[PDB]
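The first sequence line is chain A, the next is chain B, and the lettering continues from there. Chain A uses the PDB entry numbers throughout; the residues present, in order, are 17-29, 37-52, 64-246, 256-271, 289-362. Numbers in chain B track the PDB entry; the residues on display, in order, are 17-271, 281-364. Per the PDB entry, chain C residues shown: 17-248, 253-271, 281-363, in order. Going by what the header records, the deposited coordinates were determined by X-ray crystallography, 2.5 Å. Hydrogens, waters and symmetry mates are skipped; everything else that's a heavy atom, side chains included, is used. Atoms within a ligand are numbered from 1 in the order they appear, just like the ligands themselves.
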Amino acid sequence: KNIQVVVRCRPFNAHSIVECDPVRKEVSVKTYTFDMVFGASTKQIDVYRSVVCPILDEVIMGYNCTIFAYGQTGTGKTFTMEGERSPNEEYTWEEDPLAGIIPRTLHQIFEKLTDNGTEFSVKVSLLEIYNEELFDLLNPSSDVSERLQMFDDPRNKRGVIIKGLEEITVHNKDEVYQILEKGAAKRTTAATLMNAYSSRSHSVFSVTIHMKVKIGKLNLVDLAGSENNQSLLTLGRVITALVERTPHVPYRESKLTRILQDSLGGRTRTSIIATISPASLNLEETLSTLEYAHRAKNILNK
Amino acid sequence: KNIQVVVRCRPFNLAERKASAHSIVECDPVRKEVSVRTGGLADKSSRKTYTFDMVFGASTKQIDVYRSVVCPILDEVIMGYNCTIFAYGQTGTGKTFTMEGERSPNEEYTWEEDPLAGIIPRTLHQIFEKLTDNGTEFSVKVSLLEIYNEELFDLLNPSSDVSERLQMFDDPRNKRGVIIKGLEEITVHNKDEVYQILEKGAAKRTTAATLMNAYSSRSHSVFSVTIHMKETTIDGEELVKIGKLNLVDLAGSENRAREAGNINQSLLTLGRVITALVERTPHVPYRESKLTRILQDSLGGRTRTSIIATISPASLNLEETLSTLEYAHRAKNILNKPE
Amino acid sequence: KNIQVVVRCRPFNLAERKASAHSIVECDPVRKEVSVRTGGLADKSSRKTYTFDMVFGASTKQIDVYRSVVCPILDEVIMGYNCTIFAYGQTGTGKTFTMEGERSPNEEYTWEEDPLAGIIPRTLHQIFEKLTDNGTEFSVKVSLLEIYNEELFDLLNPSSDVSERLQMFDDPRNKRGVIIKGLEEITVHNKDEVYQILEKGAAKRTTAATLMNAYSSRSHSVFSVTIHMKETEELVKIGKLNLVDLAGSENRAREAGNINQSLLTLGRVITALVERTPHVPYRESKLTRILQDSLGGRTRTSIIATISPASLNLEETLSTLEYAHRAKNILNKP
Ligand SMILES: Cc1ccc(C(=O)N(CCCN)[C@@H](c2nc3cc(Cl)ccc3c(=O)n2Cc2ccccc2)C(C)C)cc1
Ligand SMILES: Cc1ccc(C(=O)N(CCCN)[C@@H](c2nc3cc(Cl)ccc3c(=O)n2Cc2ccccc2)C(C)C)cc1
Ligand SMILES: Cc1ccc(C(=O)N(CCCN)[C@@H](c2nc3cc(Cl)ccc3c(=O)n2Cc2ccccc2)C(C)C)cc1
Ligand SMILES: Nc1ncnc2c1ncn2[C@@H]1O[C@H](COP(=O)(O)OP(=O)(O)O)[C@@H](O)[C@H]1O
Ligand SMILES: Nc1ncnc2c1ncn2[C@@H]1O[C@H](COP(=O)(O)OP(=O)(O)O)[C@@H](O)[C@H]1O
Ligand SMILES: Nc1ncnc2c1ncn2[C@@H]1O[C@H](COP(=O)(O)OP(=O)(O)O)[C@@H](O)[C@H]1O
Ligand SMILES: [Cl-]
Ligand SMILES: [Cl-]
Ligand SMILES: [Mg+2]
């Protein structure tokens, strides 16, 4: 109920081995049923208003939520969470139809919170988990190799502290672009230095809201490629345990699930977007991802 | 009070006639009520009643709509305010007839005199007449923007391609305002020039319709007149004023289905904005749709806003008709008075 | 340098013979040099000489300015780059003649074929002939902006009052672009629509001169052509060309102080671009903010400095050349 699992299939770029029916909420390659399904034609704005938008209402209530993008490389994970700029500087990013979830989300927050007329405060942070180590993508001064320290939080027994993690204040929607642009530059230095790692790292973006005093928080997680590990294995199980309420959820077995435990249980909503390729050679992988999403929340066909 | 919600019922069409539909809708102008028979061909007893600021039954004349709804607003606009009038409701119920109106067949009338002329031509004629009459020094600009499938188009630019999309930006001076880059505001010097500007706009609109799927029922249309006035009196006050009036013909309320889905969203947003402004709620979600964002500077601030909600009499429309009246009633909730 | 500076001296005309004047200016096209007799019998031997990228003397035809200046630039625009060509100099030294040109007496020719046409008409014709020949799909927009007393006006809007001022803003989509709220950009589908559009603009320019005194000598004129070109992977390339007829270089005295300001900072900006200074003061005038899109980048920029040969004009003439040399400093040959 509070954990939605949706699939989105991307456009190619001819042999189509998949198929998706939105009304019957089914993906056929072999057939699975989900909370929602998006076919190749599907558009960034659609994904946003169906999956993300309801979750952000909750976040604005003072809840803490998380949205994952899961899948292999080439399926639209970075496309879905981040997006691209349309050609010829035709659009502002707030209007760009090719803008992914993170931009739409930050735009939406300033739209909704400005409409409300109340004093509010916005904060973002972005961290990468690579080989069970945590790195801060928004700290301007730190070298790209500095690991962060995290430990359990004496005040919060759902929580941890990530020590020194930069929380950047976004004063207005405009400033958001500079912030994440530097982050992208840093992250491009980290990938060069360490083992061509963009497919191997987990991105945790976090926006936190202070409404003057209720606090919402949303974490937008772009996981490392699901093709073949541990952080992926552990999350399935944390998800499995949260679906059925089998006690002692194994949060402690990965950095990801420890960092997230606070949101992953509490009064919350959690979604994961499983991304798949239509193309011929991806087939083993598509099946893993649907199986994985199937394992996550098990929904029998109709 | 500055927000008025009214309903206008049209007569039957041929289709409802040939189709043996029966009238389910009753209008009582004096009590400002609309009743609908909700019980189909089985029950004649079931009725739902709504009350609004005014109700125009099927015999209502264009001029009647103009005098009650528009003139009080036009007075305000000439005084230097910025106001808005919407036509809301199901495709084929009269939004265009109301806003634009129609030529009387067999020639006869000038458009200035034609009893079938709607709000837009009557409004423009009166602007020129009223200001020419008090000796105001003034100028008039008109623009027409279509919001279609999430995109912006300009119908009064005669040179540009119907496929040309326009971009929206914040207005740096004003948090309530936007700028639509390249939207033409055409200066019209008299009532003839506005006839020819709109005659061309209609042709360009037909062209666009032919090009794009379900075009009139799927677009919002924003017609805007801006008036710059300077009133000068020897040995007296010199007043400068800027009036603005938006006449908005909304997309069909009946409801790709993502296209039909997205229309439905901006409609609900508009509804929420109106509800909030009647209620004086602090959260007015202006920024949740293009339409409401574009109209925010009119709707915010000191104005008059009216909605004309149009419906069919026919039984074959029951669901849509009820949905429309629920929408109107949700925008401004007036309590039924005892019978 | 993709900044080309050239100089054009027009012929000694009737009135200057009626003024019984003396031609003081000499152009070496081959040496690319201009020299002026500076002394008026004070020496009368005395000479100033300047070197440039090209120099066009009194006998230069319109087609020669087009070939050497405009063509290379057009080519770059059609590749998708923004460029700017300026005419700079004293009033009645030939800027309008150069940018616009004149109709041939008679009815001898059509403007398309008229040997007296200036840069603007030759440029539009060529854009239409070239992209049509190219066979791919394209569209052409034009706008004409006047900057008079640091206010913006739209000369191509038929309907609007010649006194309506426009407001400008940064374009949030890019660093160098601006938005001039309400500036019309008229789509032109063929060469014939161009003539109509510019003729209406001429009247509106004429009626606006009748109002605000000075004008064409006191205002900057910015003419922009924007071309959208479709390719195939399917792509749009976008070129833009600005043709800028600057306010007179000579110099109420208030606008005069200010015209000089922009012209001055325009100079500052050009120098900054030729010899690279870290911060180019684009923002220090309306004109340079507006031209910023076409100055930064891979761009061919060109300035055509116009001058009179006559003695009556010495002072102005030397400033102009000095202005041009200051903007890009080259060195004399043997
Ligand atoms: C509309 C749009 C979409 C994407 C971009 C873009 O390519 N990037 C760079 C990386 C995208 N793969 C933007 C971007 N960068 C990110 C960097 C990191 Cl480390 C994490 C997330 C993002 C991200 O979401 N974006 C997209 C974006 C665009 C505008 C505003 C916020 C976010 C930045 C120029 C701001 C630009 C404009
Ligand atoms: C008395 C009368 C009423 C309607 C018309 C009419 O049919 N049209 C075309 C649209 C029909 N739906 C007129 C008209 N066209 C418009 C085009 C656009 Cl894009 C937007 C609004 C209008 C519009 O309001 N009208 C009505 C009108 C009539 C006379 C003067 C001004 C406007 C034009 C001939 C001027 C003609 C005369
Ligand atoms: C071959 C030719 C050259 C000049 C003209 C001419 O005199 N004008 C008027 C302005 C003269 N200074 C033409 C013209 N007008 C302009 C008006 C403005 Cl506001 C800005 C530029 C021009 C301009 O460049 N021209 C020349 C021209 C001629 C034909 C086609 C395009 C441009 C118009 C009849 C089209 C006519 C024919
Ligand atoms: N829904 C979609 N619509 C259009 N293109 C898509 C979609 N999903 C993915 N793509 C394409 O995927 C490419 C980017 O792949 P990306 O998502 O960056 O890989 P990864 O998930 O490994 O980071 C882009 O060329 C983009 O066009
Ligand atoms: N109140 C009315 N009186 C007479 N004719 C009307 C009335 N309302 C609508 N019509 C006619 O009914 C048809 C549909 O109305 P129209 O306003 O054009 O549709 P829409 O609501 O889709 O814009 C048109 O022929 C119009 O002329
Ligand atoms: N290169 C030239 N060849 C022939 N005539 C010229 C030349 N340059 C200028 N003229 C003449 O000088 C006159 C006045 O200068 P003009 O062209 O109006 O420039 P400005 O706008 O600076 O006055 C024009 O009518 C034109 O005939
Ligand atoms: Cl604009
Ligand atoms: Cl030709
Ligand atoms: Mg309509």
S.K.: Looking at ligand 2, which of these is it: retapamulin, arbekacin, mometasone furoate, ispinesib, masitinib?
M.R.: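 It is ispinesib.
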S.K.: What does UniProt call the chain that holds ispinesib (ligand 2) with the greatest number of close contacts?
M.R.: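 With more contacts than any other chain, that's Kinesin-like protein KIF11.
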S.K.: Mind listing the other chains that have a heavy atom within less than 4.0 Å of ispinesib (ligand 2)?
M.R.: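 Heavy atoms that close belong to B.
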S.K.: Write out the binding site of ispinesib (ligand 2) as chain and residue number, heavy atoms closer than 4.0 Å.
M.R.: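 At that heavy-atom cut-off, the residues are B/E116, B/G117, B/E118, B/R119, B/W127, B/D130, B/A133, B/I136, B/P137, B/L160, B/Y211, B/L214, B/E215, B/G217, B/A218, B/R221.
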S.K.: I need the atoms of ispinesib (ligand 2) closer than 4.0 Å to a non-hydrogen atom of B/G117, numbered in the order shown.
M.R.: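 Counting atoms of ispinesib (ligand 2) from 1, those under 4.0 Å from B/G117 are 3 (C), 4 (C).
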S.K.: If the cut-off is 4.0 Å, which other ligands or ions are near ispinesib (ligand 2)?
M.R.: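 Below the cut-off I see nothing.
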S.K.: Relative to the heavy atoms of B/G217, which atoms of ispinesib (ligand 2) are at a distance of less than 4.0 Å?
M.R.: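 Answer for ispinesib (ligand 2): 19 (Cl).
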S.K.: Output the list of atoms in ispinesib (ligand 2) that are nearer than 4.0 Å to some heavy atom of B/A133, sorted by atom number.
M.R.: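 The list of qualifying atoms is 1 (C).
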S.K.: Could you tell me which atoms of ispinesib (ligand 2), counted from 1 in the order shown, lie closer than 4.0 angstrom to a heavy atom of B/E118?
M.R.: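 Counting from 1, the qualifying ligand atoms are 1 (C), 2 (C), 3 (C), 4 (C).
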S.K.: Working on this structure - any idea which UniProt domain of chain B most of the contacts with ispinesib (ligand 2) come from?
M.R.: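 By UniProt annotation, Kinesin motor.
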S.K.: Of the residues in chain B that UniProt says bind ATP, which ones have a non-hydrogen atom under 4.0 Å from ispinesib (ligand 2)?
M.R.: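 Heavy-atom check against UniProt gives nothing.
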S.K.: Which atoms of ispinesib (ligand 2) have any heavy atom of B/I136 under 4.0 Å away?
M.R.: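 Heavy-atom distances to B/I136 below 4.0 Å select 24 (O).
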S.K.: I want to know if ispinesib (ligand 2) touches B/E116 in the polar sense, i.e. an N/O pair below 3.5 angstrom.
M.R.: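 Yes, B/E116 has an N/O under 3.5 Å of an N/O on ispinesib (ligand 2).
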S.K.: For ispinesib (ligand 2), which atoms have a heavy atom of B/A218 less than 4.0 angstrom away?
M.R.: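 Result: 17 (C), 19 (Cl).
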S.K.: Would you mind listing which atoms of ispinesib (ligand 2) come within a distance below 4.0 Å of any non-hydrogen atom of B/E215?
M.R.: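 Once the distances to B/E215 are compared, the set is 35 (C).
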